[PDB]
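Note sheet for the following structure.
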Amino acid sequence: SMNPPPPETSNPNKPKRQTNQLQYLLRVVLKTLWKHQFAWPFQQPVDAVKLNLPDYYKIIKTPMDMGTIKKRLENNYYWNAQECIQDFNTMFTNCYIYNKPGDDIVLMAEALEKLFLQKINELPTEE
Ligand SMILES: Cn1cc(-c2cc(S(C)(=O)=O)ccc2OCC2CC2)c2ccccc2c1=O
């Protein structure tokens, strides 16, 4: 029923980099998905109390959302692009796991994931 603490966005002992691929993930990938008309359900951690989803965190044990990804990118939380790409994929997969096929939220995730895949296909080579 209750909400868990959110995923971490700050860890001073975690080594960090600012690479051109990570810059692309913020400037192109995150920005493109964030401005999309279907972004709103994914811009913050799922609030299972407000949405009356008492079983959400019984089912979803690796929660992820673009609000967290945005903070991670802006705070240079990552070492490499694969870490961030994994966070996006976790977000999409959680939606498909928890929800039923054809639900509005699933159609929304699918539209964002299509754009995500298009942008990742053009991920620049590491400088
Ligand atoms: C990822 N995700 C996100 C939402 C969700 C979360 C929030 S909020 C600010 O409270 O966090 C607000 C709206 C939301 O959905 C709206 C779309 C369905 C029209 C959601 C809601 C019900 C069931 C599953 C999910 C889910 O799987």
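Residue numbers count from 1 along this sequence. The figures that follow rest on heavy atoms only: side chains count, while hydrogens, waters and symmetry mates do not. Numbering of ligands and ligand atoms starts at 1, following listing order.
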Drug or drug candidate at ligand 1:
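At ligand 1, it's trotabresib.
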If you rank chains by contacts with trotabresib, which one has the most, by name in UniProt?
Bromodomain-containing protein 4
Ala48, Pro45, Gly67: member with heavy atom nearest to atom 11 (O) of trotabresib
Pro45
Atoms in trotabresib flagged as close to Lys50, the criterion being non-hydrogen separation under 4.0 Å:
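In order of number, 10 (O).
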Is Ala109 near trotabresib, meaning one of its heavy atoms is under 4.0 Å from it?
no
Non-hydrogen atom of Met108 closer than 4.0 Å to trotabresib
yes
Taking distance alone, with N or O pairs closer than 3.5 Å, would you say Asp104 contacts trotabresib?
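Not met; the criterion fails.
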Just let me know how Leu53 lines up against trotabresib, side chain, backbone, both or neither, with a heavy-atom cut-off below 4.0 Å.
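It is the side chain that gets close, since no backbone atom is under 4.0 Å.
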UniProt domain (most residues in contact with trotabresib) of chain A
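Most sit in the UniProt domain Bromo 1.
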Does the deposited structure record a covalent bond between trotabresib and a chain, and if so to which residue and atom?
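Covalent anchor: none.
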PDB source species, chain A
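The organism in the entry is Homo sapiens.
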Would you check whether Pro41 has a nitrogen or oxygen atom less than 3.5 angstrom from a nitrogen or oxygen atom of trotabresib?
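N/O-N/O distance below 3.5 Å does not exist for this pair.
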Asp47 heavy atoms, cut-off 4.0 Å: which trotabresib atoms fall inside?
10 (O), 11 (O)
Nearest-contact summary for atom 1 (C) of trotabresib - protein heavy atom, Å
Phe42 CE2, 3.6 Å
Below 3.5 Å, N or O to N or O, backbone or side chain included: is there any such pair between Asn99 and trotabresib?
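The answer is yes, given that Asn99 and trotabresib share an N or O pair closer than 3.5 Å.
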Which residues are in the binding site of trotabresib, using 4.0 Å as the heavy-atom cut-off?
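The binding site of trotabresib (heavy atoms) is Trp40, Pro41, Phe42, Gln44, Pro45, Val46, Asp47, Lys50, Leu51, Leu53, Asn99, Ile105, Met108.
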